[PDB]
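Below is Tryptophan--tRNA ligase with chlorzoxazone bound.
In what follows, chains are A, B, ... by sequence order, proteins preceding strands, each numbered from 1. Keep in mind that the numbers below use all heavy atoms, side chains included, and drop hydrogens, waters and symmetry copies. Indexing begins at 1, ligand by ligand and atom by atom, following the structure's order.
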Amino acid sequence: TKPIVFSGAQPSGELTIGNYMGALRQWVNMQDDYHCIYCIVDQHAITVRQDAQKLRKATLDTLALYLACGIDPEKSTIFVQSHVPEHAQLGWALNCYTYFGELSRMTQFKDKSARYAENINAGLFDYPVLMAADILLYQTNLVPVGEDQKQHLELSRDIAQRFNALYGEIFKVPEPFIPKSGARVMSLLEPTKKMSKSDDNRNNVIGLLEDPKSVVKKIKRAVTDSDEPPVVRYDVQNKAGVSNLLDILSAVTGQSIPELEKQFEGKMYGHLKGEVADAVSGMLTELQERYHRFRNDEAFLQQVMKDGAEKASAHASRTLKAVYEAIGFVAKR
Amino acid sequence: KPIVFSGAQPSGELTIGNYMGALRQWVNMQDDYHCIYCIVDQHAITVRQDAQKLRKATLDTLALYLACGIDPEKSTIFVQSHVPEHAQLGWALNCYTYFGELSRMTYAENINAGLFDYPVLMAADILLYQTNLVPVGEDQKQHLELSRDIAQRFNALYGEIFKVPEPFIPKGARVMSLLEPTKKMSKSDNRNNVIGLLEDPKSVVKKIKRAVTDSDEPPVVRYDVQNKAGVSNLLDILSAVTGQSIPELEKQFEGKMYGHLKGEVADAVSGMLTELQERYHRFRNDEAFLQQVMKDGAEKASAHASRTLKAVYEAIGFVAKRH
Ligand SMILES: Nc1ncnc2c1ncn2[C@@H]1O[C@H](COP(=O)(O)OC(=O)[C@@H](N)Cc2c[nH]c3ccccc23)[C@@H](O)[C@H]1O
Ligand SMILES: CC#CC(=O)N1CC[C@@H](n2c(=O)n(-c3ccc(Oc4ccccc4)cc3)c3c(N)ncnc32)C1
Ligand SMILES: O=c1[nH]c2cc(Cl)ccc2o1
């Protein structure tokens, strides 16, 4: 049997080129090499307060976006997290092998709490324990994520090791798969602030389902530097805007930074921004064409969800049964 | 008919204070209310324990509740972990519970997240069954109020999805500690202060013989909680078992010493525990019966739990499961 890949994306906000380059792109490429399981984590999404209609719609948007990106329901398991009770079940049990200190220190909790001060709920605190359960249920070997999720994974490895130490080899210990380019794509007007899918300012983001023409305009208006002469070079501390653009260019084309720097020799930010704009505009136009064919076919989405959940439940139930046996619960008949 | 929900923790040996003081009451109200008894193994794992002891103690708890007279045909009795809706609703309710409310209940970096988050599970356990009444002790009054606040908050956003649970106000027997007659007899205790429902006649005698009395000269068997705590407890225990009034017993032991009282108390108690113990060992040593009660209970629980969770999930706006 192949090693298992597991990842998730929240059905909240609007997925960006950041979400694509740091996660989805890898998801699509791993599908034959490994046994891949992709999850729409609607249970994680409600740690920030959602309009009920927005959540339902955004869950089906996320599904259609996965399919449009090239996730193949014939190769991978695609499912919605809340359709598999084993996630919440393992999550509770895994709370009892997770320390408060491990949860208090989490950066996402801190950053989330400050932004939604009027909704610092216990789910937001306990977010990482559900995310561990998500991963450990499927005997996962690899987890393809962006750099912002590194510490959440690390806790899951500690949990898995902690549990195994007491009870034997119930879990596999997962390992991160973070891309070489575009693991943390930066905001257009704030190149020191990560690109957010729920940013107040849309001018910071390249949205995957945004009008391409609006994206070319955002790229032209992206912040650069006062360098005289203007030079296209990777200098993150001194050239964050230009660099982030060069990295976007790299990961869309597959080209190297050294190659790009060479290609833009004797040229300025006009040549740069024109090239990033052509690359990304062509990608979004193709993706969006696929997206609409999928998103408007409810019967197809419904089938994918149904088959997905069945496959996941077969894996999930097997793992939970052994967890429950280990911890000493009377087994259900 | 009001829905009553009780959590019975698979651990802890039940005392005579539990049986004649609480359970015996509720056995006799199973036609008055739709009573639900949930063995809460998911709550138990907040404290690390031996897995095989937890499994055994779950079945020990079930057998004893059946032996105390909980009828699986009138009441719903089941194991918490057999109904996934508990953990499912638990997570969803985490997202409507302030972190502050969990920290407001009784260094801390070394406690497991279970010990911190379990009141949300308690809220879910109760709210799943549209519960009207929750019989709670004072240790768990703060927890019920959190359950009430959570239900109201959710309801105000989404409509009347939950019933707002109420405490069961009415309390009737006072069973106090044998060597500390001011403290109520509790399983959580010096086992010389308590009498377990599975204790033998010989152990009962030894514990009652040690029970504190007073230095009154001559010894006088009269009820007086302030001045004669030990003797008063012995009288209350005897009354609870036999149904004889205190005044009747005060006459029955006129001109008698505390040894006579102690001897009669031990006979009465051991007399009561015997038919309980008979049913217990008979139920406990019948796997298929226990397995059948558990199967039936969980099916009944899941039928009702599933309708609440489905309405909660629709309100929140999750895409419904296809299956
Ligand atoms: N600007 C950015 N540049 C590069 N990568 C980025 C950028 N912003 C986001 N990402 C990555 O995109 C994925 C989706 O993030 P979400 O917020 O939906 O989703 C999250 O943040 C997860 N908690 C969802 C989750 C829940 N359970 C799981 C189990 C395994 C893996 C993942 C999950 C992520 O991989 C994230 O790292
Ligand atoms: C603040 C304070 C206080 C206080 O004085 N104490 C003493 C007992 C301490 N404490 C619990 O009460 N529980 C617990 C166990 C089972 C349970 O089941 C139900 C479910 C629904 C309805 C009734 C009972 C509910 C709670 C604890 C736990 N799981 N894990 C640890 N401690 C638990 C709280
Ligand atoms: O990860 C988690 N935490 C949880 C807390 C409750 Cl009450 C239920 C399920 C959970 O899953």
* Tell me where in the structure to find chlorzoxazone, all copies included. => ligand 3
* **Other-chain heavy-atom contacts under 4.0 Å with chlorzoxazone (ligand 3)** => A, B
* To do: State the binding site of chlorzoxazone (ligand 3) (non-hydrogen atoms, cut-off 4.0 Å).
  => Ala88(A), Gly91(A), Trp92(A), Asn95(A), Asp126(A), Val129(A), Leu130(A), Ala87(B), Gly90(B), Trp91(B), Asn94(B), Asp117(B), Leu121(B)
* Asked: For atom 10 (C) of chlorzoxazone (ligand 3), which protein heavy atom lies nearest, and how many Å away is it?
  ->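 Looking only at protein heavy atoms, the one closest to atom 10 (C) of chlorzoxazone (ligand 3) is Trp92(A) N, 3.6 Å.
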* **Nitrogen or oxygen atoms of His86(B) and chlorzoxazone (ligand 3) under 3.5 Å apart** =>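 Checking chlorzoxazone (ligand 3) against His86(B), no N or O pair falls under 3.5 Å apart.
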* Asked: Identify the closest protein heavy atom to atom 3 (N) of chlorzoxazone (ligand 3): which residue and atom is it, and at what distance?
  ->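 The protein heavy atom lying closest is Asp126(A) OD2, 2.7 Å.
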* Asked: Would you say chlorzoxazone (ligand 3) has an N or O under 3.5 Å from any N or O of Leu121(B)?
  ->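 Between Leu121(B) and chlorzoxazone (ligand 3) (N or O atoms, distance only) the closest approach is not under 3.5 Å.
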* **Where chlorzoxazone (ligand 3) meets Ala88(A) - atom numbers and elements under 4.0 angstrom, heavy-atom basis** =>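 So the atoms of chlorzoxazone (ligand 3) that pass are 9 (C), 10 (C), 11 (O).
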* Could you list which atoms of chlorzoxazone (ligand 3) come closer than 4.0 Å to a heavy atom of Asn94(B)? => 3 (N), 4 (C), 5 (C)
* Asked: Just which atoms of chlorzoxazone (ligand 3) are under 4.0 Å from any heavy atom in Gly90(B)?
  -> 6 (C), 7 (Cl), 8 (C)
* Check the entry and name the source organism of chain A. => Escherichia coli
For chlorzoxazone (ligand 3), output the ligand-protein N/O contacts shorter than 3.5 angstrom; if there are none, return none.
residue	atom	partner	partner atom	Å
chlorzoxazone (ligand 3)	1 (O)	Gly91(A)	O	3.3
chlorzoxazone (ligand 3)	1 (O)	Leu130(A)	N	3.3
chlorzoxazone (ligand 3)	3 (N)	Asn95(A)	ND2	3.1
chlorzoxazone (ligand 3)	3 (N)	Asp126(A)	OD2	2.7
chlorzoxazone (ligand 3)	11 (O)	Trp92(A)	N	3.3

